[PDB]
Amino acid sequence: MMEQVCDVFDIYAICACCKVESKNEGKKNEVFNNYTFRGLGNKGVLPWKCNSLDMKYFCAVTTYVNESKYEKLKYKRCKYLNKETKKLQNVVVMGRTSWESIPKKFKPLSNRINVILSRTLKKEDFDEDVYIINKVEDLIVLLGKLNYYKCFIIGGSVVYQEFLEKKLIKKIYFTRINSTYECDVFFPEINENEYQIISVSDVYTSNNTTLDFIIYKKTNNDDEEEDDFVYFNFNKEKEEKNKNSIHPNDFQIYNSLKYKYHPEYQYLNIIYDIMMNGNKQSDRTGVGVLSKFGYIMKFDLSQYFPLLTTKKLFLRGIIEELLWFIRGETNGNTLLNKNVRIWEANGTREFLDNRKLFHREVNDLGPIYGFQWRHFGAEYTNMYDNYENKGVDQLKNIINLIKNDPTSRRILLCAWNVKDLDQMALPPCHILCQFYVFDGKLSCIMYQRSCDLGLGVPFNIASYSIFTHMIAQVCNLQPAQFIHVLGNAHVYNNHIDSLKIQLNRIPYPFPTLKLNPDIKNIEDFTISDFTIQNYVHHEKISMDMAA
Amino acid sequence: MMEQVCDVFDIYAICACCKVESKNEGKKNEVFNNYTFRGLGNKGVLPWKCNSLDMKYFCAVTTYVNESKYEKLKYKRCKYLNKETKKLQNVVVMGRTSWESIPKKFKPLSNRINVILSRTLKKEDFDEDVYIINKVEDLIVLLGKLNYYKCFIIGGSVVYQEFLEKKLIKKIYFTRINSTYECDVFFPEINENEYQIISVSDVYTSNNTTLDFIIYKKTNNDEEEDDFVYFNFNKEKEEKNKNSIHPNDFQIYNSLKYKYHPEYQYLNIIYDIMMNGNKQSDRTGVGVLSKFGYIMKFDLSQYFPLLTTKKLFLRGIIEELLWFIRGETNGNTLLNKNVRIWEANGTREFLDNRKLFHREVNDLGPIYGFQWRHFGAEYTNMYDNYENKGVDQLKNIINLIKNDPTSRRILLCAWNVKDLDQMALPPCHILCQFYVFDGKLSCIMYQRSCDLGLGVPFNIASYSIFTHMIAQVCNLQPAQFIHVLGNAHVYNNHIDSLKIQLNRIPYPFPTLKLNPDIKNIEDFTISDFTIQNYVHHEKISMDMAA
Ligand SMILES: NC(=O)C1=CN([C@@H]2O[C@H](COP(=O)(O)OP(=O)(O)OC[C@H]3O[C@@H](n4cnc5c(N)ncnc54)[C@H](OP(=O)(O)O)[C@@H]3O)[C@@H](O)[C@H]2O)C=CC1
Ligand SMILES: NC(=O)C1=CN([C@@H]2O[C@H](COP(=O)(O)OP(=O)(O)OC[C@H]3O[C@@H](n4cnc5c(N)ncnc54)[C@H](OP(=O)(O)O)[C@@H]3O)[C@@H](O)[C@H]2O)C=CC1
Ligand SMILES: CN(Cc1cnc2nc(N)nc(N)c2n1)c1ccc(C(=O)N[C@@H](CCC(=O)O)C(=O)O)cc1
Ligand SMILES: CN(Cc1cnc2nc(N)nc(N)c2n1)c1ccc(C(=O)N[C@@H](CCC(=O)O)C(=O)O)cc1
Ligand SMILES: CN(Cc1cnc2nc(N)nc(N)c2n1)c1ccc(C(=O)N[C@@H](CCC(=O)O)C(=O)O)cc1
Ligand SMILES: O=c1ccn([C@H]2C[C@H](O)[C@@H](COP(=O)(O)O)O2)c(=O)[nH]1
Ligand SMILES: O=c1ccn([C@H]2C[C@H](O)[C@@H](COP(=O)(O)O)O2)c(=O)[nH]1
C-alpha cells in the first residue's frame, strides 16, 4: 500500500473538450472514440467562446467542499508527511496562459486558492491573491503546508500533459462539448489502461450545443437503519432465472459504471432487465423471445434528440415513413421507390395471403397508420383511392386541440382501429399518442403494445421524438418530453449476442434535430426540412449476426 | 450524555398479532386502528397455528448480526456500565409458557443466546447452553456480562406487558396478520405519543392470509459520494409549489424511512403532483395540479390493492363492470340499482352541452359496453338489439388468452375514434392489454385522464377485479395489474383531504374472493364478489365543503 501522491493530496483534473475541425478531411465514414473529444483552446481562448452550463459545472465542482470529510483528509496527509495536530477551500492549479485568458472580473477564481505555474512571471508580476510556482514539485510542497479539501488542475494543455505523464491525476472530470470548433491545443490522448470511465451524466443543451459530463478514474494496475433495510429484504431470491444463462461477467463495462445518468441507459437498462429477469416465450414469428410487461422511458427533447449512440442508426428511412404516415399513404411502393424497405416483407404476396388478404394487391398494406391518422372509420378500398373528407382526420383534430384547447385531456391520436385490424398487413405496434401542453411546451406519450428492443425500439424513439418536434412547431410550442410506454417488451433470442456487445458501449452525448422553421402546417414537411447535427455513435451492429 | 437502558442494551420486541373474534359483540361500521392487530396466543399456541413467512421473518431478524457494527455497541455499553471489558449472536428473551410452546425439534433456537424468565424453574430443569433468570432486572445484569449484538423480546403476552410497562423496549418489530382467529392472550395497546411507526414493508400472502411487517420506534423526551453532488449541480433551490404545499404538513409521510407498502405507489404520485405539479385550468374554471406519464404495478398474487388510507366501497364499481360486460349503454339500468357513477353524464343539460340533442336522457351512446361487445356497429339507441353486430373484442381477447397466450395483440380498446362525438364522454380508460406467462395473467390499463383524489382509487379496484375475472374464466392465476397514467391531476379542492391521507400509514391489503364456479365472463353476478379482511382508515370526503 505504498500510497500514491494524487491519493494523499486528492489531485483531480477537470477539463472541457469539443470536437476538432477535421485533420482527416470530410465526414462520410467517420470513426468515433473518446479521442473525438479533445479540443481545449484556440488562439489563447476557448474554441466555443461561452458555455454557460459547463462554466456552472466547473464552478460547482471546483468550489464544493465537505467540511465533515476534512478530518480524514488532514490525518491521512499528516501520517504521509509524519505530523501531529477559516472556511475550507479547494485549490485550483492553472498554467500562466490559462490564468491570462480568465476575464479580470472573475480573477482570482472566487472561494478557491488559486495556484499559477509560470517561469516567465514571479509573485511580483501579479497584483492578485495567488500562489506562483515555477515547477510541479513546488505544488506537492505547497499542498503539504495548506489546509484545503481537494486540488483541481484546471488546464491548460501543457499543464494537463505534465500532470498525466507524472501519474498525478486521481480522476478526470471531463466535459464532452458535442460540436466542432477551430482548435490549436488538445487534451492528451487518455490511455485506456491508465484510466477508465466510471460515470456519465445526463445530456444537456447550452449555447446551441449538447454536452455531457463524464468521470475517468485511475485504474488499479444511524447503524440500526441499515439493519431495518436488511430485514425488509428477508424474502428475496438467491438467483435471477437467466442470470446463470446470461453471465454478468459478459457486462464488465456496463457493470463497472457507478453513475449511469445518460438517458440512453433507460433503453440499455430495460435490455439488461429483460436479459436477467425476462420470461422465455414463443411468439407469432417462431424466433422465441425473452419478455417482460410494462416499462416507461422519458426523454427531454428541449435538452437533446435521443438517437441511440451505442450503435449506428440512419434516420432517412424513418423520416420518410413518418412523412408517408402524415400524407395518409398505405402504398408500400412509394417507400420502396425511395429505397425504404421497412414494410417490404409485410406487403409480399406470401405475407398478404398468410394474413388471408387474398384480394389485396402486393404492397397494399391496407388501413394502417396513415389511413387511421387521416381517415379513421372510412371503409378502406385500395391504396390508390382518394378518401377525400371520409372518416375522421384525427391528425388535423389534435393540431386544432393543441392550438385552441391546450388543457384538453382528450388530445389522442389512435391507430388501433378494432374494426380494421384484420384488413391491415400488421396491426399497429404504436397504439396511441397522447399530448400534454403546459406553459408553451408540448409533451407526448406513445403507448407501444409490442416492442422489439434490439431493432424496433431505437427507430421508434426517434420517430415519435421527431413527430413531437413537428407537432410542437406547427402549433407554435416548444417540445418538452417524449414519454415511451412499453407493453410487451421483448428481446429476440437472435439479438442476445449483439445486444451484449451494445450494452458494454458507453453512450456519447446525443445529437440535436433542426427543423426548417418556415413550415407552419403538418402536411408541408419534406425530407430536406430535417437536419441531425453532431451525431457521434459507435459502429453499426447487425442484430441478426447470421451469414 | 442522556442515554436510556433500552438504547444502551438495544432491547427490541418482535411479535406477530392477528385480529380478534368478537364472540357475539360489535361489528356495525367497524372502526380500525393499530390496536386492531393484538392477537398473540390461544390455548398456549399461536392463534393462526402456522405462518411460514412470519416464521421466516422471525428467524432472519433474530438470527442477523453485523460484526463490523458491534465495536461501537461494545464501546457504548461499557461507558454506561463503568467497565471496559467466539462468533457474535443476538439474545432471545422468552417467558416459560413461550419456551414450552416451541417444538423440541427447534429449541434451543438455533444460533441465538436463549434466555427464559421463570419464577418456578432454575438452570437444573434445563442446561448451560440456555440461561434462566428470576426477574426482569436479572437480564440487564446478564446483558452487561455477554458478547451479544441485539437483544430480542419474543413474548409471550405477560413478558411483553411488563417489558413495555417498565419502558425497556427501543423498537417493536410487529407482524400484522390480516385475518381473524380465536385468541385468549393479547399484545398491549401501544400509545401513539410514546411509540411511532417508522417503516412499513411490502404486503404478502402466506397460509391464505395477507400480512405485512411494520417497525415502531420509541419517541424521544467515502468520496464517490461527492461525484453524486457534482451530477446534481443543475438542480433547483426548491420544488415548485413547496411554499404553496408546505412539506411540514407531511410530517408522518416524511418521518418514514422505508415505505415499501404498495399503497405508497399511489400516495407517492399524489406527493409528486403536489410538490412538482403544473398549475392549470381544465374543462371548467376548477384548479388542478397536473403531471404527464406514471406507472403503478400491483401484485394481485399477494394482495387486492383496495386503498386503506381511506374507506372505499365496491358495489357500484362491480355493477359498472357487469354492465360493461353485458354490452349495456343504458344508464337507467345503473340508476335503478342506485349506481350513480354516470348520472351527471346522462342529464338533458350534459347531453345538450355535448351537442347530443337527439339523445335520450341516460342514453350514454356507444361507450365501453358497446365497444367491448360491438366495436364498429352503428349505434342507434340504448334499447336496440345489436346481437352479432360489430367486433365482440371481449370474446376475442378471451379466446386469444386461451388459444394464443403469447400473442402480443391481446388488447381491449374503448377509444373508438369514429364514435367519440356520439359518446356522453370519451373513455378515460383507453385500453387493456393482457400478458400471459407460466399460467399467470397480467393486465396493463392505459388511462388518458386520472383524477387522483377521487377517480384513481376506484379505477385501481375496477381493473384489478376485471383482471381476476378474465384470469378465472381462462384458468389462469392473476399476476400484476399495471396502471399507466397519462394526464394525472389533483383537483385543488382535494389538496387538504389528500394531505390528511398522505399522513396515514397503510394497513395490510384485503383479498378478493370470486365464486370459483363462474367460468364464463358473462355469468358473474354481484354475489360472486367478496372483499375479505378490509382494514381501513376513516372515510375522507375528498371535497371538504359544508
Ligand atoms: N477547455 C478547457 O478545459 C481549458 C481550456 N484552456 C485553453 O487552453 C489554452 C491554454 O493552454 P496552453 O497554451 O497549453 O497553456 P497553459 O495554460 O498550459 O500554460 C502554459 C504555461 O504554463 C507555465 N507552466 C506550465 N507548466 C509549468 C511548469 N511545470 N513549471 C513552470 N511553468 C509551467 C508556463 O508559463 P510561462 O510561459 O509564463 O513560464 C507555460 O508557458 C487556451 O486556449 C485556453 O483558453 C485552458 C484551460 C482549460
Ligand atoms: N404471536 C406471537 O408473537 C407470540 C405468541 N406467543 C403465544 O402467547 C402465549 C404465551 O404467552 P403467555 O401465556 O402470556 O406466556 P409468557 O411466555 O409470557 O410466559 C409468562 C411466564 O414467564 C415467567 N415470567 C413472566 N414474567 C416474569 C418475571 N417478571 N419474573 C420471572 N418470571 C417471569 C413466568 O413463568 P413461571 O410460571 O415458570 O415462573 C410466567 O408465568 C402462547 O399462546 C404462545 O403461543 C408467544 C410468544 C410470541
Ligand atoms: C481555465 N479556464 C478555462 C476553462 C473553461 N472552461 C472549463 N470547463 C471545464 N469543465 N474545465 C475547465 N478546466 C475549464 N477551463 C477558465 C476558468 C474559469 C473561468 C471563469 O471565469 N470562471 C468563473 C465562472 C464565472 C461565471 O461564468 O459564472 C468561476 O468563478 O469559476 C474562465 C476560464
Ligand atoms: C420501424 N421498423 C419496423 C419494425 C421494427 N422491428 C420489427 N421487428 C420485428 N420482429 N418485426 C417487424 N415487423 C418489425 N418492424 C423498422 C425500422 C428500421 C428497420 C431497419 O432499417 N433495420 C435495419 C437493421 C440493421 C442491422 O441490424 O443490421 C436494416 O438495415 O434493415 C426495420 C424495421
Ligand atoms: C416464541 N415463539 C412464538 C412466536 C411465533 N412466531 C412469532 N413471529 C413473530 N414475528 N414474532 C414472534 N415473537 C413470534 N413468536 C416461537 C419462536 C420460535 C419458533 C420456532 O420454532 N422457530 C424456529 C424455526 C421455525 C421454522 O422455521 O418453522 C427458529 O429457528 O426460529 C416457534 C415459536
Ligand atoms: O414500429 C415497430 C413495428 C414492429 N415492432 C415489432 C414488435 C414485434 O417484434 C413485431 C410485431 O409483431 P406482433 O407484436 O404484431 O406479433 O415488430 C416494433 O418494435 N416496432
Ligand atoms: O373512471 C374514471 C372517469 C373519470 N375520471 C376523471 C378524469 C377527469 O378528471 C374526468 C374526465 O374528464 P376529461 O378528462 O375527459 O375532461 O374524470 C377518472 O379518473 N376515472
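Below, read A as the first sequence line, B as the second, and so on, with proteins coming before strands; counting in each chain starts at 1. When the header is checked for method, it gives X-ray crystallography, 2.3 Å. When a ligand or atom number is given, it counts from 1 through the structure's own listing order.
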Asker: Which drug molecule is found at ligand 4 in this structure?
Answerer: methotrexate
Asker: Which molecule here shares more close contacts with methotrexate (ligand 4) than any other chain, as the PDB entry names it?
Answerer: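 Most contacts: Bifunctional dihydrofolate reductase-thymidylate synthase.
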Asker: Give the letters of all other chains that come under 4.0 Å from methotrexate (ligand 4) at a heavy atom.
Answerer: A
Asker: If you draw a 4.0 Å sphere around every atom of methotrexate (ligand 4), which residues of other chains have a heavy atom inside it?
Answerer: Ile342(A), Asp452(A), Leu455(A), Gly456(A), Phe459(A), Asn460(A), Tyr492(A), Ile541(A), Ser542(A), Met543(A)
Asker: Heavy atoms of the protein only: does one fall short of 4.0 Å from atom 11 (N) of methotrexate (ligand 4)?
Answerer: no
Asker: Check whether the model has a covalent bond from methotrexate (ligand 4) to a chain and give the residue and atom.
Answerer: none
Asker: Less than 3.5 Å between some nitrogen or oxygen of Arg284(A) and one of methotrexate (ligand 4), yes or no?
Answerer: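 Between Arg284(A) and methotrexate (ligand 4), no N or O pair is found under 3.5 Å apart.
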Asker: Please could you name the atoms of methotrexate (ligand 4) that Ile541(A) approaches to less than 4.0 Å, counting only its heavy atoms?
Answerer: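 Answer, ordered by atom number: 26 (C), 27 (O), 28 (O).
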Asker: Tell me the protein heavy atom at minimum distance from atom 28 (O) of methotrexate (ligand 4), and give that distance in Å.
Answerer: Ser542(A) CA, 3.2 Å
Asker: Under 4.0 angstrom from atom 17 (C) of methotrexate (ligand 4), is there any protein heavy atom?
Answerer: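 Within 4.0 Å of atom 17 (C) of methotrexate (ligand 4), protein heavy atoms are found.
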Asker: Just to confirm my output: which protein heavy-atom neighbour is closest to atom 13 (N) of methotrexate (ligand 4), and how far is it?
Answerer: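 Going atom by atom, the protein heavy atom closest to atom 13 (N) of methotrexate (ligand 4) ends up being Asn346(A) ND2, 4.1 Å.
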Asker: Short list, please: which atoms of methotrexate (ligand 4) are under 4.0 Å from a heavy atom of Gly456(A)?
Answerer: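 Numbered from 1, methotrexate (ligand 4) contributes 5 (C), 6 (N).
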Asker: Identify the closest protein heavy atom to atom 27 (O) of methotrexate (ligand 4): which residue and atom is it, and at what distance?
Answerer: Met543(A) N, 3.0 Å
Asker: For atom 22 (N) of methotrexate (ligand 4), what's the nearest protein heavy atom and its distance?
Answerer: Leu455(A) CD2, 3.6 Å
Asker: Can you report which non-hydrogen protein atom sits closest to atom 3 (C) of methotrexate (ligand 4), along with the distance?
Answerer: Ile342(A) CG2, 3.9 Å
Asker: Counting only non-hydrogen atoms of the protein, does one fall under 4.0 Å from atom 5 (C) of methotrexate (ligand 4)?
Answerer: yes
Asker: Provide, to 0.1 Å, the distance between atom 21 (O) of methotrexate (ligand 4) and the closest protein heavy atom, together with that atom's residue and name.
Answerer: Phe459(A) CZ, 4.1 Å
Asker: Are any of the N or O atoms of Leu426(A) closer than 3.5 Å to those of methotrexate (ligand 4)?
Answerer: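 No; every N/O pair is 3.5 Å or more apart.
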